[PDB]
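So, a structure with benzylpenicillin (bound form) in it.
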Amino acid sequence: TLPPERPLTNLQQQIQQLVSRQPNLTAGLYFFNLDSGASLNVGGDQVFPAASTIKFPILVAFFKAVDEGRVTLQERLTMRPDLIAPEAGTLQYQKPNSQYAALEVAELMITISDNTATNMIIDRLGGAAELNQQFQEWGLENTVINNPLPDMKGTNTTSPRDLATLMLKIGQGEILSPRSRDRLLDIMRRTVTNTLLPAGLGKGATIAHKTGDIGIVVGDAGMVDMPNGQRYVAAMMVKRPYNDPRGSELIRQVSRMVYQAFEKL
Ligand SMILES: *C(=O)[C@@H](NC(=O)Cc1ccccc1)[C@@H]1N[C@@H](C(=O)O)C(C)(C)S1
């Protein structure tokens with residue numbers, strides 16, 4: 001049974017003052033404590049370019065198909081010329097029309113944010129329209145795939161609240177089977193990009209999450225277990241001038257602020 005949302009007004013005001021004083025940054029964030037109900041929403045409902053954070057919803061859709069016998073973990077996926085994308089990933093250096101186990105592809109999509117792997121999954125699951133429908137079914141309202149990855153131009157959309165609320169659902173054991181849930185959380189704890197939200201956590205805390213960076217937007221979303229027994233979900237997105245370190249630093253500062261507040265409470 002999940003407590004009622006209970007906004008920490010004072011922490012929320014502090015965070016609001018911190019984001020608003022940064023010229024040329026536009027930030028949105030949502031945190032929810034599963035034990036206390038403590039919430040923070042500073043622009044958490046606003047729509048952002050998703051960047052790679054969209055790979056987290058695609059992962060859930062993947063495992064949904066597995067659960068429903070529509071995809072198998074071991075079946076061979078083809079890296080067709082038309083699925084090959086630049087930027088992050090290792091699959092792009094392999095021979096065109098070589099093949100990979102579906103689970104290997106799904107893992108690469110998340111752990112190293114492989115854009116080729118991602119377009120292979122989007123294709124395997126029936127395309128952008130099909131996935132968009134699924135996202136709406138889960139209550140994601142502004143989570144929308146418009147173009148293939150890496151989508152440098154920022155056309156694919158989501159919201160901090162969408163990303164956190166899906167993770168809350170998964171955390172509480174909704175949508176996916178037990179086995180698929182536990183696989184997804186394992187995968188999400190082995191990403192190589194841990195410089196945003198995890199950088200604000202204290203010693204011994206763990207986090208399942210997924211980052212995104214297209215230069216003009218940086219973000220991160222997932223779920224934190226604190227050594228005191230507490231759990232919360234977290235999502236933050238920042239619009240910035242191209243590669244501005246201040247955008248990434250802001251995410252660390254807000255992560256730190258929230259983590260420390262929950263230790264006190
Ligand atoms: C998703 O946003 C992806 N971004 C890109 O491919 C563009 C890019 C930007 C900077 C360096 C390399 C590639 C992938 N996800 C982000 C992320 O998870 O933060 C990466 C930087 C890993 S690439």
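Numbers here simply count residues along the sequence, with the first being 1. Both ligands and their constituent atoms are indexed starting at 1 by order of listing. When the header is checked for method, it gives X-ray crystallography, 1.9 Å.
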Checklist entry - If you rank chains by contacts with benzylpenicillin (bound form), which one has the most, by name in the PDB entry? => result TLL2115 protein
Checklist entry - Is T53 touching benzylpenicillin (bound form) with its side chain, its backbone, both, or neither, if touching means heavy atoms under 4.0 Å apart? => result neither
Checklist entry - Which atoms of benzylpenicillin (bound form) sit under 4.0 Å from any heavy atom of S52? => result 1 (C), 2 (O), 3 (C), 4 (N), 14 (C), 15 (N)
Item to check | Under-4.0 Å protein heavy-atom contact, atom 12 (C) of benzylpenicillin (bound form) | outcome: no
Checklist entry - So, for atom 22 (C) of benzylpenicillin (bound form), does the protein have a heavy atom nearer than 4.0 Å? => result yes
Next on the checklist: Could you work out, for atom 7 (C) of benzylpenicillin (bound form), the closest of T211, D213, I110 by heavy-atom distance?
Outcome noted: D213
Next on the checklist: Test of understanding: given a 4.0 Å heavy-atom threshold, classify the contact between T193 and benzylpenicillin (bound form) as side chain, backbone, both, or neither.
Outcome noted: side chain
Item to check | Sub-4.0 Å atoms of benzylpenicillin (bound form) with respect to non-hydrogen atoms of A88 | outcome: 6 (O), 23 (S)
Checklist entry - Can you check whether a protein heavy atom sits less than 4.0 angstrom from atom 17 (C) of benzylpenicillin (bound form)? => result yes
Item to check | benzylpenicillin (bound form) covalent anchor | outcome: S52 OG
Item to check | Heavy-atom nearest neighbour in the protein, as seen from atom 6 (O) of benzylpenicillin (bound form), with distance rounded to 0.1 Å | outcome: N115 ND2, 3.1 Å
Checklist entry - Counting each atom of benzylpenicillin (bound form) from 1 as listed, which ones have a heavy atom of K210 under 4.0 Å away? => result 18 (O)
Checklist entry - Tell me, which protein residue and heavy-atom name are nearest atom 20 (C) of benzylpenicillin (bound form), and how many Å apart are they? => result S113 CB, 4.5 Å
Next on the checklist: I'd like to know the organism the PDB gives for chain A, please.
Outcome noted: Synechococcus elongatus
Checklist entry - At a 4.0 Å threshold, what atoms of benzylpenicillin (bound form) neighbour a non-hydrogen atom of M152? => result 7 (C)
Next on the checklist: I need the residues around benzylpenicillin (bound form) for my notes - heavy atoms within 4.0 Å, please.
Outcome noted: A51, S52, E87, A88, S113, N115, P150, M152, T193, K210, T211, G212, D213
